[PDB]
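Alpha-1-acid glycoprotein 2 in complex with chlorpromazine.
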Amino acid sequence: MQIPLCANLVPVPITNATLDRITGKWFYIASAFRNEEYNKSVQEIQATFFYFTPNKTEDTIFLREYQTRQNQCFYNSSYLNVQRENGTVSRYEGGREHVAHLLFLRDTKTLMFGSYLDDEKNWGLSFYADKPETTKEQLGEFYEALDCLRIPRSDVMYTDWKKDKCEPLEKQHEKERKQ
Ligand SMILES: CN(C)CCCN1c2ccccc2Sc2ccc(Cl)cc21
């Protein structure tokens, strides 16, 4: 395995410090995959921001996702399961449990999810940050991770924060949960 090139693609067991690190609000920035299904489906996502509340005693994360797709907001919450040893996270989408490797970069205000990382025919990365806009410093780290997987930068699908439809609903939820 080529290092430093692939340094950040390397899984490590998930600790409580790591769970704390990913706690809070995240914005989905960019992704790329060799999997063709994810290429056509992720292409429809205009924005997404979500909340992670990990439960360190249960190895779960409570997710509250706010996805913008088809000119509308789609809200869903669920309990993700954490597989500490394998450095992975899992959730149910469309009936089936799906797994993602939890990965990181130099900047702690960012994180990645790795999909099908064992399979060079299907692998991909999704890129997340604490703001909907990222710096060239932050981007560089993600683009490097794509270089590791030999995925062209041209294959990246990007969000556009101005197209978000979920902010007004998140606003409504804040009102409800703080009442
Ligand atoms: C292409 N996308 C369907 C996969 C993205 C990774 N996706 C995910 C997948 C499989 C298992 C766990 C997770 S955690 C997670 C939390 C927030 C968001 Cl927005 C996405 C994910």
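Position 1 is the first residue of the sequence, and the numbers go up from there. One-based numbering, in listed order, for ligands and for the atoms of each. All values below were derived from every heavy atom in this structure, side-chain atoms included, with hydrogens, water molecules and symmetry-related copies excluded.
The shell of residues around chlorpromazine (heavy atoms under 4.0 Å) is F33, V42, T48, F50, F52, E65, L80, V89, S90, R91, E93, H98, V99, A100, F113, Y128. Interface atoms of chlorpromazine facing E93, defined by a heavy-atom separation under 4.0 Å, are 3 (C), 9 (C), 10 (C). Short contacts between chlorpromazine and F52, defined as distances under 4.0 Å to a heavy atom of the residue, involve ligand atoms 16 (C). Looking only at heavy atoms of the protein, atom 6 (C) of chlorpromazine is closest to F113 CD1, 3.6 Å. Of the protein's heavy atoms, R91 CG, 3.9 Å lies nearest to atom 13 (C) of chlorpromazine. Interface atoms of chlorpromazine facing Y128, defined by a heavy-atom separation under 4.0 Å, are 5 (C), 6 (C), 18 (C), 19 (Cl), 20 (C). Near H98, meaning under 4.0 Å from one of its heavy atoms, chlorpromazine places the atoms 10 (C), 11 (C). The PDB records the source of chain A as Homo sapiens. With ligand atoms numbered from 1 in the order given, chlorpromazine contributes 14 (S) to contacts under 4.0 Å with heavy atoms of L80.
Under the 4.0 angstrom criterion, atom 2 (N) of chlorpromazine counts as lacking any protein heavy-atom contact.
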